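Looking at a structure with benzylpenicillin (bound form) today.
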Amino acid sequence: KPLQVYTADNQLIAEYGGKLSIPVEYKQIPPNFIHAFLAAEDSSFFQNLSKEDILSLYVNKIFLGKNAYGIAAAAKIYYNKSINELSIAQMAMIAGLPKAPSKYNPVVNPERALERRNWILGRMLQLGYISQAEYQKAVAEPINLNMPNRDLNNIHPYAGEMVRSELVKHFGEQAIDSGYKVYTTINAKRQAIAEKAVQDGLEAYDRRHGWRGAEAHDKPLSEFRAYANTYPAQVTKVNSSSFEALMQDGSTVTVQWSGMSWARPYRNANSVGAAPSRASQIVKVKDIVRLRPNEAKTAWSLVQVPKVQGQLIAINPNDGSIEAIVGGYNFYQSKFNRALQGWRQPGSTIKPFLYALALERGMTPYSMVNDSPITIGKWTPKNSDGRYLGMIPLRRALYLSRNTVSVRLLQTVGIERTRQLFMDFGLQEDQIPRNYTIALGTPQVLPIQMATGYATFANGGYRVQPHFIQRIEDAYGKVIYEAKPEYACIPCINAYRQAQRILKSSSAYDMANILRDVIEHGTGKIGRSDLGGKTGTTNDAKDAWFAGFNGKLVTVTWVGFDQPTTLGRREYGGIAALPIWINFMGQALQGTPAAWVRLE
Amino acid sequence: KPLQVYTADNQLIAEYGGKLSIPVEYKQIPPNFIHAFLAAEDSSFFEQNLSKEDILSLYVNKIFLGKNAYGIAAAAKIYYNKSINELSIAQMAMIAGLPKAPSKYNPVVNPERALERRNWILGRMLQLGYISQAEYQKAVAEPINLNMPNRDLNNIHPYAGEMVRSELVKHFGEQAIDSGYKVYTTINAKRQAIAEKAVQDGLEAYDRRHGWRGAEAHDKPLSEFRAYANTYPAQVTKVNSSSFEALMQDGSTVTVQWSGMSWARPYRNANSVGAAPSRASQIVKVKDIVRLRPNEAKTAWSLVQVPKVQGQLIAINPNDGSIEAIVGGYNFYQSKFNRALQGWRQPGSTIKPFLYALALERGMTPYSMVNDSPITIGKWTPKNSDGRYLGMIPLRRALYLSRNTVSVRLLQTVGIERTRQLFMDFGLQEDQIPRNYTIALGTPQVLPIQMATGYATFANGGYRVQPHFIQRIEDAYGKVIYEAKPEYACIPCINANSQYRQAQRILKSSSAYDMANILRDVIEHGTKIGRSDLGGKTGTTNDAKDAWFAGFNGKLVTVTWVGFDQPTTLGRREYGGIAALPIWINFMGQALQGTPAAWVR
Ligand SMILES: *C(=O)[C@@H](NC(=O)Cc1ccccc1)[C@@H]1N[C@@H](C(=O)O)C(C)(C)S1
Ligand SMILES: *C(=O)[C@@H](NC(=O)Cc1ccccc1)[C@@H]1N[C@@H](C(=O)O)C(C)(C)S1
């Protein structure tokens, strides 16, 4: 009975197998398996004939490492076999595990596992349990593990992992042995769109910065996995216009010129080399490259897995329901979820919160703010273009993300009030400094916290908590948990708990319209008039961000390197992150009526 | 509901607690405990959390919290011997930090990391307004304060209880304990208590004759020493002419008079002891950690000494192989090692009755004339105890005097391998039996339990029995789930796929009966106990590195052994009949008291 993960459309996406036990009748056990356990210890005092009687009591319960309880569960976990399918060597291997299922574990210690196994086989031969023909056959055998994957998460991997990883973080492994059915808030349609959007957008950035060379050279093809419609290939021959590579299935294909001609060499973030003139300039024989098919087959392409990363988090602003979550380029490349764990500087994406607080103090989008050099704090922050503009309205200041006005508004608003709003988005006391650096978006945030923060505009100034579980049922079918979220607007549940108000209705509604002005009048791609959004770029374009919404959906996208480096000069939030956001929102919001903030 | 260990005479001797879970109603949980789990993680996605509080109720009694603890109540019991409402804020925070990795943060395994995690949580609890700063300073300054109760109770017959736990765990792992079963052993409690006293007195006898070896420590702390085998650590505070004064672990100061320490002839070596002490300063120094023994009144104290020497006793029923008594060393609290089941030693002349039984097999009798003459085996001429020879002598005289030359001659007569096969058929390990003429003088390594199995062959009429310690196992519901089906030497004897297994015959009835009587005459001629149904053989290895005695009656086989764990000489006077035999006599006399004569048939 495994932990089962479903989407909001009651569709099964993941099964997570915990503690396994397959009880067998003593008669169903091959004698050689019993013999293996009898030879496992030198001395029995319960020859070993009374151990055979007491063995029946423990045979289905013995912990045999890696969630295996009993002989059948160990035959399944280690070899993907039934007890009668096991070899003498395999039976002896399992027979050696009870004493210490970690010091002898063939996964965690293959060295000692073989030593123990063969000792048992040696003892079985001495006891006349096995013949020498069986002894030589068995002792010469390798470990031969064929471990089936009991953690099935192949449909929406980041969504299934989110459930497993979060339950384990808060409650340990016992959370997976409960056999519960977890019914998530995830929209599968929206989840699929987000997965494609993050993959395409990162492939877009990667392609424009050029070919970086093969992912490895003189390394073994067995050590690389296929994913995101990219398949590892070992280059075998390089010609005038085409190369030949060996696939993991054993086949060899011929990647033609049109499939590699894009490979202008990467020189730096801001520089790429001339278009390649021959295939030798792109690949070397014994290079580990990634290839891509077409629809069915026909032709192949030389592709590249981005070194760059990204994320997407989409939440319902009224309750905080998580609709879509993508933690990186691909789950197989990295199981790391940047949406829930990727601490980054928000840069300019923080400004709408600070400018909302200015509006709360009495200001308007038209209020005159001053873009001037700020020496104050014996630290002089400089604007993006190293320029100043003088007196400009609050709305202009936000749109151009004038760093000097932000520090001035932070001095006006007070560092305390700013930190209070931030904590209301899920932030900890320890992750927001007191200093005037918070006006510039330098403190580390998780994108989920940004989606929570932007939801404040979308919902009219209420504090919603992001949540991924709608209900949990026990294996039987009984509902044991039913989500009771804090609602921004309780009447709105037509197309119990009330969320506390964190920002004044007018300020949340005003910021919303400034953000809509920012997207409709600044930048320029969708046929919607209910969208508000803000771009963000940190110092030396170390992060590209876009936080945007409509009345029914908040989406935050991010693009950057895991080890912080520049994305390039001409690489801002609106260039790297925005195209993923547009591509998601357009598709996710397709055939849905206009929904905007309610000034109540 | 722990693994319970009983004797054959129905005494509960040990309780072994495995996986623990004490389910509690969510309402019964102190809010500070819930708050601790709330502050344990930075972000929850299932200031306030709320979502976690609802999902916590589902796992609160099942969360694995390390060291067999499942749920908050089990962790409160295991780590602190407290109920959840008795926990401090610091303790609640400690348990709250364990779910994520109950080993990387375990306070019993990794205390440093555990302290860092706990305080981080307390810090987090203060930030959220869960705890006040007064509670924060109070809690953060607290130590680990572990008060782990002992869930493995075994203080009646410790070697017997440990035998069950250690053997189930060896063969079946920890899951063998969390089963809640009732194990009904073959152990006789009366006999077990006698054996415990016998092994303790006999080793104290050897130790005392060998002299005082000095205090167990000097200038060290009295808190670091345990009391056991009726010996209590004392720190010497004053040394008078004829007496000394020592501080006890309870805080009292006792006076040890001259008669209490006068035995303390100083130990020089196994073969040498110093002159009788003339004054108390020659025995003790002020600040010496000594061991004392009271009388029954606690009105007189004695200076005693824990033997450096070891011993064992194993008593089994020869008809089925039931283990009646087992003592693995001087005391379980000095060493948890069981020398009866794990102590591999050379048997010495304790092996000759096996070899002489095979001589009888082929056709010989106790009266058959054998040759005590000088025997050359390659570049090794074995010499008898006294180096002398006796010429033609009957087989029984040869065994009694343990004439090494007749043994090698009998080994040549029966054949090296045909003997190895028989030694194995007696219960000795194939790999542990060499392929040479020295197996005649007991060179192999044996377990005493194997010797008791082998001697039971004489006692039972030539059958091979297997030693067993479990009579039956019942589940928690009272249902018998296991019932021992041993191989019986004599099935009719109990009434004084099959229901009753008949043990395999390994000797002709005549040769087992003949060896038995040879062994009885070995014992009657130069033993003490008022019994005529006892047969036995002494054993001494080269340089008295081992003193042995293997003896029986029709109902009980007892094997005793005396020696050092790191093989050294016991001394020159120290043969099997001197060191081991007195423990055997002392046990057998008391164990067989008020029982009719029982001999082989
Ligand atoms: C907030 O993100 C702003 N960042 C900065 O002013 C610092 C900076 C920006 C680019 C390179 C080096 C340093 C603004 N981010 C973008 C944006 O909002 O899209 C601008 C390019 C307008 S600056
Ligand atoms: C068997 O134990 C025999 N021992 C030896 O040959 C070696 C030895 C060791 C110490 C002293 C003398 C000889 C013989 N049988 C034992 C016995 O049965 O007790 C003797 C010590 C008599 S010698």
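Chain letters correspond, in order, to the sequence lines: A, then B, then on. Shown for chain A, in order and in the PDB entry numbering: 27-72, 133-581, 627-655, 660-735. Note that chain B carries the PDB entry numbering, so the residues on display, from first to last, are 27-72, 132-581, 624-654, 660-733. Whatever order the structure lists ligands and atoms in, that order sets their numbers, starting from 1. Only this structure's heavy atoms are used, side chains among them; waters, hydrogens and symmetry mates stay out.
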Which chain makes more heavy-atom contacts with benzylpenicillin (bound form, ligand 2) than any other chain, name per the PDB entry?
Penicillin-binding protein 1a
State which other chains have a non-hydrogen atom nearer than 4.0 Å to benzylpenicillin (bound form, ligand 2).
B
Check the entry and name the source organism of chain B.
Acinetobacter baumannii
For benzylpenicillin (bound form, ligand 2), which atoms, with element, lie under 4.0 Å from some heavy atom of B/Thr673?
9 (C), 10 (C)
Determine whether any protein heavy atom is located less than 4.0 Å from atom 13 (C) of benzylpenicillin (bound form, ligand 2).
no
What is the modeled covalent link for benzylpenicillin (bound form, ligand 2): residue and atom, or none at all?
B/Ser434 OG
Quick one: does B/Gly709 get a heavy atom under 4.0 Å from benzylpenicillin (bound form, ligand 2)?
no
Return yes or no for this condition: an N or O of B/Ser470 is under 3.5 Å from an N or O of benzylpenicillin (bound form, ligand 2).
no
Which residue holds the protein heavy atom closest to atom 2 (O) of benzylpenicillin (bound form, ligand 2), what is that atom called, and what is the gap in Å?
B/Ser434 OG, 2.4 Å
If you draw a 4.0 Å sphere around every atom of benzylpenicillin (bound form, ligand 2), which residues of other chains have a heavy atom inside it?
B/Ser434, B/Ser470, B/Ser487, B/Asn489, B/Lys669, B/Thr670, B/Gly671, B/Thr672, B/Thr673, B/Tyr707
Protein N/O near benzylpenicillin (bound form, ligand 2) N/O, under 3.5 Å, which pairs?
from: benzylpenicillin (bound form, ligand 2); atom 1: 2 (O); to: B/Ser434; atom 2: N; distance (Å): 3.0
from: benzylpenicillin (bound form, ligand 2); atom 1: 2 (O); to: B/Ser434; atom 2: OG; distance (Å): 2.4
from: benzylpenicillin (bound form, ligand 2); atom 1: 2 (O); to: B/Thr672; atom 2: N; distance (Å): 2.8
from: benzylpenicillin (bound form, ligand 2); atom 1: 2 (O); to: B/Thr672; atom 2: O; distance (Å): 2.9
from: benzylpenicillin (bound form, ligand 2); atom 1: 4 (N); to: B/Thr672; atom 2: O; distance (Å): 3.0
from: benzylpenicillin (bound form, ligand 2); atom 1: 6 (O); to: B/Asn489; atom 2: ND2; distance (Å): 3.2
from: benzylpenicillin (bound form, ligand 2); atom 1: 15 (N); to: B/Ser434; atom 2: OG; distance (Å): 3.3
from: benzylpenicillin (bound form, ligand 2); atom 1: 15 (N); to: B/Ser487; atom 2: OG; distance (Å): 3.3
from: benzylpenicillin (bound form, ligand 2); atom 1: 18 (O); to: B/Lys669; atom 2: NZ; distance (Å): 3.3
from: benzylpenicillin (bound form, ligand 2); atom 1: 18 (O); to: B/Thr670; atom 2: O; distance (Å): 3.1
from: benzylpenicillin (bound form, ligand 2); atom 1: 18 (O); to: B/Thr670; atom 2: OG1; distance (Å): 2.7
from: benzylpenicillin (bound form, ligand 2); atom 1: 19 (O); to: B/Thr670; atom 2: OG1; distance (Å): 2.8
from: benzylpenicillin (bound form, ligand 2); atom 1: 19 (O); to: B/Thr672; atom 2: OG1; distance (Å): 3.4

